[PDB]
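Note: structure shows vildagliptin (bound form) engaged with Dipeptidyl peptidase 4 soluble form.
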Protein chains: 2
Amino acid sequence: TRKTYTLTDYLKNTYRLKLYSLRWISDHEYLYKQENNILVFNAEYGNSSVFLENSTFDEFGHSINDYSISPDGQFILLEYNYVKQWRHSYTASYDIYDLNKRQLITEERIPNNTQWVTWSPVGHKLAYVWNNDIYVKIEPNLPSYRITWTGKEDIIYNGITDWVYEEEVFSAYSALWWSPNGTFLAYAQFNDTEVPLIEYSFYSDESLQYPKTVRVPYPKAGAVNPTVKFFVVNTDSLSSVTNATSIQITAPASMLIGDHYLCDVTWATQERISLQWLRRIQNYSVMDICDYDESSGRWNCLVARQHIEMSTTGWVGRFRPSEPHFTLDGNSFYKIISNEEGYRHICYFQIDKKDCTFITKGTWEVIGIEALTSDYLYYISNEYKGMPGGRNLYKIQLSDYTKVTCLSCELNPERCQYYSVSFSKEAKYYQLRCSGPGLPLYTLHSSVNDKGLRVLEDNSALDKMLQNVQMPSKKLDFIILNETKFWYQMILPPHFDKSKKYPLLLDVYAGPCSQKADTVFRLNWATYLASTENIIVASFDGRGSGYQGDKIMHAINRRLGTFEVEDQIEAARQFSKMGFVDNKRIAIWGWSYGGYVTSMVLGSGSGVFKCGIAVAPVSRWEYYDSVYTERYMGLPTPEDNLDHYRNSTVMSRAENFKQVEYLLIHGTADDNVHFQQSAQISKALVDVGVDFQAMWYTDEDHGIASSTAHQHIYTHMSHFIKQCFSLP
Amino acid sequence: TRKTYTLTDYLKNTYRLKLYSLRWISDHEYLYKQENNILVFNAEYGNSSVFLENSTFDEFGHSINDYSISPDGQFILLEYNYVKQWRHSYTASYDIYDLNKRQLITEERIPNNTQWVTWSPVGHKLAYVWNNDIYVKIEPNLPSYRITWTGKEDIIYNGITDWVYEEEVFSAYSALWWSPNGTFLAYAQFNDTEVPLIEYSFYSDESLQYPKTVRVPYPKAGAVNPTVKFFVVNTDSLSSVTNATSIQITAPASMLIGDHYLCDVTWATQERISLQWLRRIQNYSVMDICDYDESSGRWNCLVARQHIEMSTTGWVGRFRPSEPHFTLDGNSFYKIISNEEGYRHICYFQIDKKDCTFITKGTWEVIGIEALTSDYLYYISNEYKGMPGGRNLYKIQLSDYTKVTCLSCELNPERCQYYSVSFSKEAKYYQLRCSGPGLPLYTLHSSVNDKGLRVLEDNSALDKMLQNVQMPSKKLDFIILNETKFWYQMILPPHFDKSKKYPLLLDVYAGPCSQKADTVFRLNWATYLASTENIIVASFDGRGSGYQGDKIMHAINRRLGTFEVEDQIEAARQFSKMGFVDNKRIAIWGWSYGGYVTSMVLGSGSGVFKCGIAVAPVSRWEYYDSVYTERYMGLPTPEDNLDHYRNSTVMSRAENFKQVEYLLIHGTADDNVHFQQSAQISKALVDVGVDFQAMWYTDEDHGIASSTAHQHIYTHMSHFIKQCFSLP
Ligand SMILES: *[C@@H]1O[C@H](CO)[C@@H](O[C@@H]2O[C@H](CO)[C@@H](O)[C@H](O)[C@H]2NC(C)=O)[C@H](O)[C@H]1NC(C)=O
Ligand SMILES: *[C@@H]1O[C@H](CO)[C@@H](O[C@@H]2O[C@H](CO)[C@@H](O)[C@H](O)[C@H]2NC(C)=O)[C@H](O)[C@H]1NC(C)=O
Ligand SMILES: *[C@@H]1O[C@H](CO)[C@@H](O[C@@H]2O[C@H](CO)[C@@H](O)[C@H](O)[C@H]2NC(C)=O)[C@H](O)[C@H]1NC(C)=O
Ligand SMILES: *[C@@H]1O[C@H](CO)[C@@H](O[C@@H]2O[C@H](CO)[C@@H](O)[C@H](O)[C@H]2NC(C)=O)[C@H](O)[C@H]1NC(C)=O
Ligand SMILES: *[C@@H]1O[C@H](CO)[C@@H](O[C@@H]2O[C@H](CO)[C@@H](O)[C@H](O)[C@H]2NC(C)=O)[C@H](O)[C@H]1NC(C)=O
Ligand SMILES: *[C@@H]1O[C@H](CO)[C@@H](O[C@@H]2O[C@H](CO)[C@@H](O)[C@H](O)[C@H]2NC(C)=O)[C@H](O)[C@H]1NC(C)=O
Ligand SMILES: *[C@@H]1O[C@H](CO)[C@@H](O[C@@H]2O[C@H](CO)[C@@H](O)[C@H](O)[C@H]2NC(C)=O)[C@H](O)[C@H]1NC(C)=O
Ligand SMILES: *C(=N)[C@@H]1CCCN1C(=O)CN[C@@]12C[C@@H]3C[C@@H](C[C@@](O)(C3)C1)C2
Ligand SMILES: N=C[C@@H]1CCCN1C(=O)CN[C@@]12C[C@@H]3C[C@@H](C[C@@](O)(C3)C1)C2
Ligand SMILES: *[C@@H]1O[C@H](CO)[C@@H](O)[C@H](O)[C@H]1NC(C)=O
Ligand SMILES: *[C@@H]1O[C@H](CO)[C@@H](O)[C@H](O)[C@H]1NC(C)=O
Ligand SMILES: *[C@@H]1O[C@H](CO)[C@@H](O)[C@H](O)[C@H]1NC(C)=O
Ligand SMILES: *[C@@H]1O[C@H](CO)[C@@H](O)[C@H](O)[C@H]1NC(C)=O
Ligand SMILES: *[C@@H]1O[C@H](CO)[C@@H](O)[C@H](O)[C@H]1NC(C)=O
Ligand code: NA
C-alpha cells in the first residue's frame, strides 16, 4: 500500500514544488539562478551564459540574502544583514559590486540600517531611505545627496510607509517612485505625530533580563490617522544646486475638506504623473493628472484632467482604487472599474474627458491589466468557462475590441486553469505560470506570434514522487442559494467513497473580496488531513467574496460579521445534505479574518459544529486598523456605524461557546491583529465559565512562521482536530 | 450513600470554616464583629456590650470595606473605595466618625487615594501617606501637618514601601512606626530613581481600545536596588508656621560600604529605637540601638550597643533577621537566632554586651516569641512529639530556664496539634487558635493560672455538615534519606484501601524555609481530588525546607533548583514503591516556587512522573526579584554565582519534556513572577519541538484570584489531571 501525505511530509517539505523565478533584464533576456550561479538566458533561443559565478562572493564574509542588478547591467546591489519588520518592510546592509571592474565598492557605502533602496528604472542612480530620510546617489561610489531633513523615528516617514500604509494601502514599505527615465523622484511623507501607539512586550532571547516594550504608531478604527504629503524632486539638478527643492503636489479641495489617503502613484510620461486620493470614507476617490511646468518648475494638475471614482453600494476598488495604465504618449489610459452591472471591467479614458469607454463586458471580471503595447492590451480574467476561481491571459486588439484572443485557456485545459504572467521589458516575450489544478507548469512564449517557445519547468520530478503517494483529490463546484451560484471546494480523501460518512473541516477565511474556492494546486495542512486522516476539508465563498461582481462583494457593506458568517453555517448545512458527511463531526478553523469568522460561527448557537480553531482572530472591529476596518464598517461613532461595531464582537457571544470545543491561538508579538484581540476573547470566556483550549506563541507575529513555531502550531492543531473527531 | 466533597463545593465554599477574629483593646477587653455590629467583650466573664450598631452607617452612601477604632475608643476610621495594588498595598478613601458626639467629621478630611493610614498606639493621633508623602493629624478634625515634601510617584516613597520592600522585606505597604506612646513617628524613605521598570500590557475592560502598559520599579537579580534612609520626627512639637524637622538615623559604617537594606524597626522604650540593617549579600546583619538625646534633639546609636548577626552556612534569619522583644525598661531583649547546632532558639541579650545567652535549646525550633512579662516569655515551637509540622504554645520562667511549661499540648491532643495565639495588652489573657488536624477551635485563657476560660468557636456547625460527606483523611509521616528524617503528608481518599493502587499527585512548593507537611486542616482542591476523584495528594518537605534546623534549610544555599528538586523526585520514587500507589499514574503540580520545582522535575528525565502542571512558575532566577533571589543565590556575576544562575533554568531542560504531559498556566498581569518567565518556557519547548498544554489568564495577577478566573483555572486543571489519570 502506498504511503499517505503525512503531517511530517507537510512540515518537513519532503514533496517540493519547483518554481521558475526569472528576472527580465531587457526585452529579450532574463536572469535565472541555477546551482547558486546566476545565469543569463536568451529568450528567443533558450541558450545561456553565466552572468555571475556562484564562487564570486565566497570571501564576502556575510551570507547574501538577495541581490538587485542595476537596469544598465553595470552594478549589482547586494543585500545582507536582513532583519524583517512587518509584512513587507525590513532593514539591511548593502554593498554595491562593480560588474565591469569586477570589484566591490568600498567608498561612500550605503549606510547600515538602511530601510529601503531602489535603482532608478534606467541607468544606475540609487534612492535610499535611512533614518526616515531620503538620499540619492547619482553614481554608486560618489557621496549621496540628502533630499529630506524631517525624518523622525515613529513620527515622520519620508519615502517609506508607516504601519497602516504598508499593510493596507500600498502593500509595500516603499513610498518613492522614480519617473520613467529617472529624472524625477516622487515621494510621499507620512506624519504620525498624533497617531496612537500599540504597545506590547517582546521577550527576546532568554538572556534578556527585562522584556522590551514594542511601540508602533497604529491607528485603530476611528482613531487619529497619519496625514500625508506628496513631493517631486528633480534628481538631475542635484549636482548643480546645494539643496534641490522638493515640489509639493497638494491633494484636491474635495480631499482637503477632511481626512483622506494617498492611494496610488503612477507616472504617465517623463513629465506627467497621476495620483489617486481616497476619502477616509472610502466610497469617493479622485485622480489628478499633473504636468511639469518647465517655466515655473512647478507641477500643475488641470481640473479638466481630474477623474472621480465613487461607489453607491460600497467602497471604491477591490481593496483600493485600481492603477491606471497609460498609453505611451500619456494622453489616455486603461483602468479596471466597476461597470453599471457591478462587474469589474477595463475602461478606456482620454485624460481630459470625463466619460470612459468600456472595452470588456460580461458577467465575469478582469483581475488585472498585465501589459500594454501600441497594438494590444493583455489582461487576466476569470471569463473562461464562467469559473470565478480560474484565471487566464487574454489579448485585446486596440484598433478592434471585438478581437479578443484567449492566450492560455486551451494550452493544457485539464492541467492548467489558473495562470499568471510575466512579460519582458517591452512585452516581446511572456512567461506563463500555471498554478493548478494540476502540478504547476512554467512556459515561455513569443508575443510576435503567440507561439510556445519551450517548457521551463513542468515539475516532472515531483510528479514521479507523488505517484507513490495516496494523494487527495480536489472538487470545485457550486451550490445555488436564492438563485445565486456560490462556489465551494473540497479536498477529498484518496479513494473517496460517497456512500461513507466523513468528518468535515470547514477551512474559512471569508474576508471582503476573498476567494477560497479556486483551481490552485496546494500542498498544505489540508492535504495531510484529507490524505492521512480521511477528513474532507471544505471551503466556501459566500456573500462578501470577490471576483463575482459587486452584488456579492458589497453584500456585507457596513455589516461585517453578518452574512459572511451566516453563509459559512449554511454551507456546512448544505454539505451535510450531500450525504457523505458525518454531521456529528463538523469542525471549522481559520486565521485572522478566518479566526474571526470561526469564532463568530462557534458563538452563533447553530449546533452545526462540534469544535473549531481560531488563529490570530479579530474579536472586535474597534481593535483593528482604521484603513481596513472603516473601508467596510465606516466610523465607530453614534452618527455613523457604532451600533454595528458593538453588535459584531466575538465577546458578546461568549455564553454560546458552552456548546462547542474551542482552541484559541495567538502570537504574542502580532503587530497586525494584536494579541489584545484574543486576550479579550479569553477573558470573556472565563467570565461566563466556558472551558476552552489556548496556546500563545512567544514573540511570534501574525504569520506564526518561524520554522519551529510553524511546526509546533500545526502539530498542536492536528492533535486537537484528531481528538475532536475521535481519530487515533 | 453520602455525597463527596466536589469541585463545586471547593469553588463555591459550600463548607465554611468559622473564625473568631477578635481585636484586643486593653488588657481585659476585646472587640468582635457580630452580624455587622461591633461588640466589646470582657475577657474575664465573656459578657458583651454593643460598641457600634450596624445601622449607624445606613445612610453613609458608600460600602465600608473595613474599620479601625482609635486606641482610646473615641473615634472610628471608616475605609471605603478600596482599590488593591500588590500583595499588601492598596489605596482607599477614609472618613472619621466621632463616637462621643455621634457624628462624621467633615472638617480637614483624609484625602481620597490615601496609601496608608494608622492611629498612634495610644490616644487618637493619625499618620497617613498620600501621594507618597507623610501627613500627621493630632486631632481628627484639625488640619494635617505635612511631614515630607519629596514624595514622587515610582521614585521617592516616604512612609510606604516600594514593590520589592513590600513583597520581600516588610510584608507590608507601611513604612511608618509610631513610638509606644505616640510621641515620635519613625519612617523609612525609599529611592527607586535608578531601579529598572518591569513593563507589561494590561487589557482592561473590552471598551478600552488600546492596551495600557503597566510600569513598575522592580529590581531583578543583580540589578540596581532601591536605596533607603531612616528618619524620626517628634509629633508633639509640630508647627502650623514651620516645616517639621525629621532627624535622620544613618546606617552603620559596615552597611554604608556597599548595597544594603533596612530590615527591621522595633521601638524599645519611649526614647529608644532598634533598627536592623542587612547587607545586599544577606549573610551579615547589624542591629543599632538608638537613644533620644533630649538636650540636642538628636538620636545617638552607641557602637557599644551594636549587635552583629551573621551566618557562615547561609543567609541570616528565616526570610530576614528576626525581631527583638524588649523588656519593660528596654535594657535587654529576647531574639530568635540560629544556635551553634543550627537550630533557631531564643537568645537573651543585654543592650550593651556582645554575648547573648540561649534560653531554649534542642533539636526543634522556636517559631516565634508571642508575649513577654517580667516573669515569663511565651513562645510557639514545634518541640512537642518532635513533630516539625506541629505548633504549640509554651512559657518559660525567666528566673529558671529549666522550667518550661507547655500550655496547649494537652488541651486536645487528637484534635489540636497546630496553634497560634493572641495575647491581651499586658498578657493577662490569651486566645488560642487551633487549626488542625481537626476542625479549628478557638478558646480563651487567663495567664495567671492558665485557666481555660471558655470555648469561643468550636465549628460544631461545620462538623454536623461534614458528617454527611465522605471526607478524605490525612497521614503525616516521614521517610529517611541519608540518615535524616524528612516528613511528608498524604491526603487519602475516603475508605482508603491499602490493597488498592491509587494514582498520586505530588503537590509541591519546596521554596527555602517552606513547610508543606503539617497538621493543619484544609478544605482545598486536594480535598476534592481525594474525596471525589480518589487521588492521593502527597506533599514532601526535603532539603531546603524550614523549621528543622540549618543543616536542612541551608542545604540549598547558592544552589536553588538542585537538592529541593532531587528530593521531590526521590520522595515520589519512594511513594511509587508503596503498595497502594499506581506507578503509572504519578503527577506533580505547584504554584510560583512550586511551579519552578514542578517544571524542573518534569525536565529532569527521571521518568517517574506522567504529567504535571506549573502555575506562574519561576523559570530563570535572573528574571526574579533581587531581595529574594540573591538571599539564596548571591549575585549573577562571574565572580560570584553566575554559573549556577545559568544552569538552574527550566529552559535548559526543554528536551526532557518530550516524555511528559505538561500544562503551563500564567496570569498576564503577574507583577511578581512576570509572565515573561512562562513566555520563555513556552518558547524553549517550541524550539525543541515538544508539545504541551497552555493557558494564559488575561489581566490576572499572581493569585489568579478573581472569582471567575479562580473557578476557571481549577476547572481546567481538574480536566487535565483527570485526563492524565484516565478518570471519567
Ligand atoms: C545565445 O546565442 C547567441 C547567438 O548564437 C549569442 O549572441 C552572440 O552571437 C555572436 C555570433 O554572431 C557571438 O559572436 C557572440 O558570442 C554572442 N554575443 C555576445 C555578446 O556574447 C548569445 O551571446 C547567447 N546568449 C547567451 C545568454 O549566452
Ligand atoms: C507633523 O504634524 C504635527 C501635528 O500633528 C506638526 O506639529 C505641529 O507643528 C507646529 C509648528 O509648525 C506646532 O505649532 C505644533 O505645536 C505642532 N503640533 C503637535 C501636536 O506637535 C508637525 O510640524 C508636522 N511635521 C511635519 C514635518 O510636517
Ligand atoms: C534644504 O532645504 C530644506 C527646505 O527648505 C530645509 O528644510 C528646512 O530647514 C529649516 C531649518 O533648518 C526649517 O526651518 C524648515 O522647517 C525646513 N523645511 C522643510 C520642508 O524641511 C533644509 O534644512 C535644507 N538643508 C540644508 C542643508 O540647508
Ligand atoms: C528624461 O526626461 C526628462 C524630462 O522630460 C528630460 O529632461 C528634459 O530634457 C529636455 C531636452 O530634450 C530639456 O529641454 C529639458 O530642460 C529637460 N527637463 C528637465 C526637467 O530636466 C531628460 O533629458 C530625459 N533624460 C534622458 C537621458 O533622455
Ligand atoms: C473624594 O472624592 C469625592 C468625589 O470626587 C469628593 O466628593 C465631592 O462631591 C462631588 C462628587 O461626590 C464632587 O463633584 C466634588 O468635587 C467633591 N468635593 C467636595 C469638596 O466635596 C470628596 O470631596 C473627596 N474627598 C476629599 C477628602 O478630597
Ligand atoms: C511619651 O513619652 C515621651 C518621651 O519620654 C514623653 O515626653 C517627655 O515628657 C516629659 C514630661 O513628663 C518631658 O520632661 C520631656 O521633655 C518629654 N520628652 C519629649 C521628647 O517630648 C511624653 O510625656 C509621653 N507622653 C505621654 C502622653 O505619656
Ligand atoms: C557571605 O557569603 C559570601 C558568598 O558565599 C562569602 O564570600 C566570600 O568572600 C569572597 C566574595 O568575593 C569569595 O571569594 C569567597 O570565596 C567567599 N568565601 C567562602 C565561600 O568561604 C562571605 O564569606 C560570607 N560572609 C560570611 C560572614 O560568612
Ligand atoms: C487578517 N485577515 C487580518 C484581520 C482582518 C484583516 N486582516 C489583514 O491582515 C488585512 N490586511 C490584508 C488585506 C489584503 C488581504 C490580506 C493580505 C494583504 O496584503 C491584502 C493585507 C490581509
Ligand atoms: N513562590 C513564588 C514566588 C517566586 C519565588 C518566590 N516567590 C515569592 O512570591 C516570594 N515572596 C514571598 C512568597 C511567600 C513566602 C515569603 C513571604 C511571602 O509573603 C509569601 C512573599 C516570600
Ligand atoms: C556596518 O557595520 C559594520 C559592523 O559594525 C562595520 O564594520 C561597517 O563599517 C558598517 N558599514 C557602514 C557602511 O557603515
Ligand atoms: C459614502 O458613504 C456614506 C455612508 O454610507 C454615505 O452617507 C455617502 O452617501 C456615500 N457616498 C456615496 C457617493 O455613495
Ligand atoms: C461585664 O460585666 C461587668 C460586671 O457584671 C460589667 O460591669 C461590665 O461593664 C461588663 N462588660 C461589658 C463589656 O459589657
Ligand atoms: C534619589 O537618588 C538619586 C540617585 O539615584 C539622587 O540623585 C536623588 O537626589 C535622590 N532623591 C532623593 C529625594 O533623595
Ligand atoms: C516647607 O517646604 C516646602 C518644600 O520645600 C516649601 O514649599 C514650603 O514653602 C515650606 N514651608 C515653610 C513654612 O517653610
Ligand atoms: Na472553661
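Each chain is given a letter, A onward, matching its sequence line's place in the list. Numbers in chain A track the PDB entry; the residues on display, in order, are 39-766. The PDB entry numbering applies to chain B: residues 39-766, in that order. Hydrogens, waters and symmetry mates play no part in the numbers below; they use all other heavy atoms, side chains included. Both ligands and their constituent atoms are indexed starting at 1 by order of listing.
To find every copy of vildagliptin (bound form), look at ligands 8 and 9.
Chains touching vildagliptin (bound form, ligand 8) with a heavy atom below 4.0 Å, listed by letter, come to A. For vildagliptin (bound form, ligand 8), the residues with heavy atoms nearer than 4.0 Å are A/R125, A/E205, A/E206, A/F357, A/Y547, A/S630, A/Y631, A/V656, A/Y662, A/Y666, A/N710, A/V711, A/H740. Near A/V711, meaning under 4.0 Å from any of its heavy atoms, are these atoms of vildagliptin (bound form, ligand 8): 3 (C), 4 (C). The N/O atoms of A/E205, backbone and side chain alike, include one that comes under 3.5 Å of an N/O atom in vildagliptin (bound form, ligand 8). An N or O contact shorter than 3.5 Å is missing between A/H740 and vildagliptin (bound form, ligand 8) by distance.
Checked against a 3.5 angstrom limit, the closest N/O atoms of A/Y662 and vildagliptin (bound form, ligand 8) fall inside it. With respect to atom 14 (C) of vildagliptin (bound form, ligand 8), the closest heavy atom belonging to the protein is A/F357 CE2, 3.8 Å. Vildagliptin (bound form, ligand 8) places these atoms under 4.0 Å from at least one heavy atom of A/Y631: 1 (C), 2 (N). Given atom 1 (C) of vildagliptin (bound form, ligand 8), the protein heavy atom at minimum distance is A/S630 OG, 1.4 Å. Source organism (PDB) for chain A: Homo sapiens. Relative to vildagliptin (bound form, ligand 8), the closest UniProt active-site residue in chain A and its heavy-atom distance to 1 Å are A/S630, 1 Å.
The authors modeled a covalent bond from vildagliptin (bound form, ligand 8) to A/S630 OG. Residue contacts with vildagliptin (bound form, ligand 8): A/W629 is placed with no nitrogen or oxygen under 3.5 Å of a nitrogen or oxygen of the ligand (distance criterion only).
Scanning the protein for heavy atoms near atom 6 (C) of vildagliptin (bound form, ligand 8), the closest one is A/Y666 CZ, 3.3 Å. For vildagliptin (bound form, ligand 8), the polar-atom distance check against A/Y547 finds a nitrogen or oxygen pair separated by under 3.5 Å. Heavy-atom proximity to A/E206, at under 4.0 Å, picks out these atoms of vildagliptin (bound form, ligand 8): 10 (C), 11 (N), 12 (C), 13 (C). Note that atom 20 (C) of vildagliptin (bound form, ligand 8) has no protein non-hydrogen atoms nearby, at separations under 4.0 angstrom.
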